Q: 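A structure from the PDB, with piclamilast included.
Counting begins at 1 with the first residue of the sequence. Order of listing sets the numbers, starting from 1, for every ligand and every atom in it. Values below: every heavy atom of this structure, side chains too, minus hydrogens, waters and symmetry copies.
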Amino acid sequence: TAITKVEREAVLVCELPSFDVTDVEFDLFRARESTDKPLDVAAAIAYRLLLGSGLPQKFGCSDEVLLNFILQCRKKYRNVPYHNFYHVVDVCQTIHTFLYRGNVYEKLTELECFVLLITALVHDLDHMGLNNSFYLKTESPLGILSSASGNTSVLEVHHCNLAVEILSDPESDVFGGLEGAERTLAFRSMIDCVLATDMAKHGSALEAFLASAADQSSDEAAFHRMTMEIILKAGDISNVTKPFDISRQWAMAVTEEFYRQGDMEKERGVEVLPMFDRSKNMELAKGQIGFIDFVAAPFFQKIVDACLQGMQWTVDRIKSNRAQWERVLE
Ligand SMILES: COc1ccc(C(=O)Nc2c(Cl)cncc2Cl)cc1OC1CCCC1
Ligand SMILES: [Mg+2]
Ligand SMILES: [Zn+2]
């Protein structure tokens, strides 16, 4: 279904006064509250980020095709508490800061940077607020296909299907100005990156990045592809790297989405992990401190020390946020 001029214009009128979408302290929550059309403000933010990068122009992507693409993506996000359009616009904004404030763009081609910013916006398409384990536990029809065809990444394959669908329309094909090996690389790297966001692949992903970083000269292509995967993963788990009040609001949203999954599991009589169990009754800080200690702090420290020195602020902020969660526990 084609994007209309009227849908484009409602995005184009958002001027985002008092916001700098390129800054590491940018507050998407404040942006959403700033008007009564937060879906338009979010789309404008994505649009300004992509155009501001100078990348779509270089790869033959018109302003209009870019905006159509952003709006086709937006239509395929659901009204779930966390994995909605605001999460992927956030991931897009965050990756922009890693590339340009954290100087990770130096490690990548311009095309790879363009693909990363585009891929941020597709990477969770039509998320329903249930994780891969739910579909597997319940033998949902919606994930029988995945296991039957040799992959457990039910959601991520689904996101890729839909990204390909959006891009198949010339009106929203942001890769339509590419040809040959470049067009092929855009699609392949986009899909590799989305598939790599499955946290069941987190450990192997991180360890494959660290290996290629320790020896970049031996296989440049591999290092480029792994750097893209790790930066999309970094954007995806970046909530704990933000100013505390922003970080706390993301944590509230993730937790509500998890609890809704847990409630559906109780309805089905299947297993509910404590992290998903509304009845255990919080507290927010305990879950955050745990996620920081066991997942997020070691991830950012390892990728920063290995390679990505310009992203040191992520480690600093994680440390800071952890201390604040400790104070909230009294
Ligand atoms: C804002 O705090 C969190 C942010 C993100 C995630 C998280 O697991 N995100 C994620 C998910 Cl849920 C699925 N695939 C990839 C990723 Cl990165 C998890 C977070 O904390 C959870 C909630 C209680 C402990 C873990
Ligand atoms: Mg995902
Ligand atoms: Zn995501």
Q: Indicate which ligands or chains correspond to piclamilast.
A: ligand 1
Q: Name, as the PDB entry does, the macromolecule that piclamilast contacts most in this entry.
A: Class 1 phosphodiesterase PDEB1
Q: With heavy-atom distances below 4.0 Å as the criterion, list the atoms of piclamilast near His83.
A: 12 (Cl)
Q: Using a 4.0 Å cut-off to any heavy atom of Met199, which atoms of piclamilast qualify?
A: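 Counting atoms of piclamilast from 1, those under 4.0 Å from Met199 are 14 (N), 15 (C), 16 (C).
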Q: Which is closest to atom 3 (C) of piclamilast in terms of heavy atoms, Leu284, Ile289, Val254?
A: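 Selected option, by shortest heavy-atom distance: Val254.
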Q: Where the closest heavy atom to atom 7 (C) of piclamilast is concerned, which of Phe291, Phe299, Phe294 has it?
A: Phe291
Q: When you measure from the heavy atoms of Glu257 to every atom of piclamilast, does any distance fall below 4.0 Å?
A: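 No, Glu257 has no heavy atom closer than 4.0 Å to piclamilast.
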Q: Which bit of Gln288 gets closer than 4.0 Å to piclamilast, counting heavy atoms only: side chain, backbone, both or neither?
A: side chain
Q: Among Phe258, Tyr259, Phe276, which one puts a heavy atom closest to atom 12 (Cl) of piclamilast?
A: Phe258
Q: Near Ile237, which atoms of piclamilast are under 4.0 Å from a heavy atom of that residue?
A: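 Once the distances to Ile237 are compared, the set is 17 (Cl).
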Q: Check piclamilast against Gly287 and write out every atom of the ligand that is under 4.0 Å from a heavy-atom position of the residue.
A: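 Listed by number with element: 24 (C).
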Q: Using a strict cut-off of 4.0 Å, indicate which atoms of piclamilast neighbour a heavy atom of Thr197.
A: 14 (N), 15 (C)
Q: Which of the atoms of piclamilast are close to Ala251, meaning less than 4.0 Å from one of its heavy atoms?
A: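 With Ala251 as reference, the close atoms of piclamilast come out as 1 (C).
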Q: Which atoms of piclamilast are found less than 4.0 Å from any heavy atom of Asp236?
A: 15 (C), 16 (C), 17 (Cl)
Q: Tabulate residues with any non-hydrogen atom nearer than 4.0 Å to piclamilast.
A: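 At that heavy-atom cut-off, the site is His83, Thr197, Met199, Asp236, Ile237, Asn239, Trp250, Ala251, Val254, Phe258, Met275, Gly287, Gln288, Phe291.
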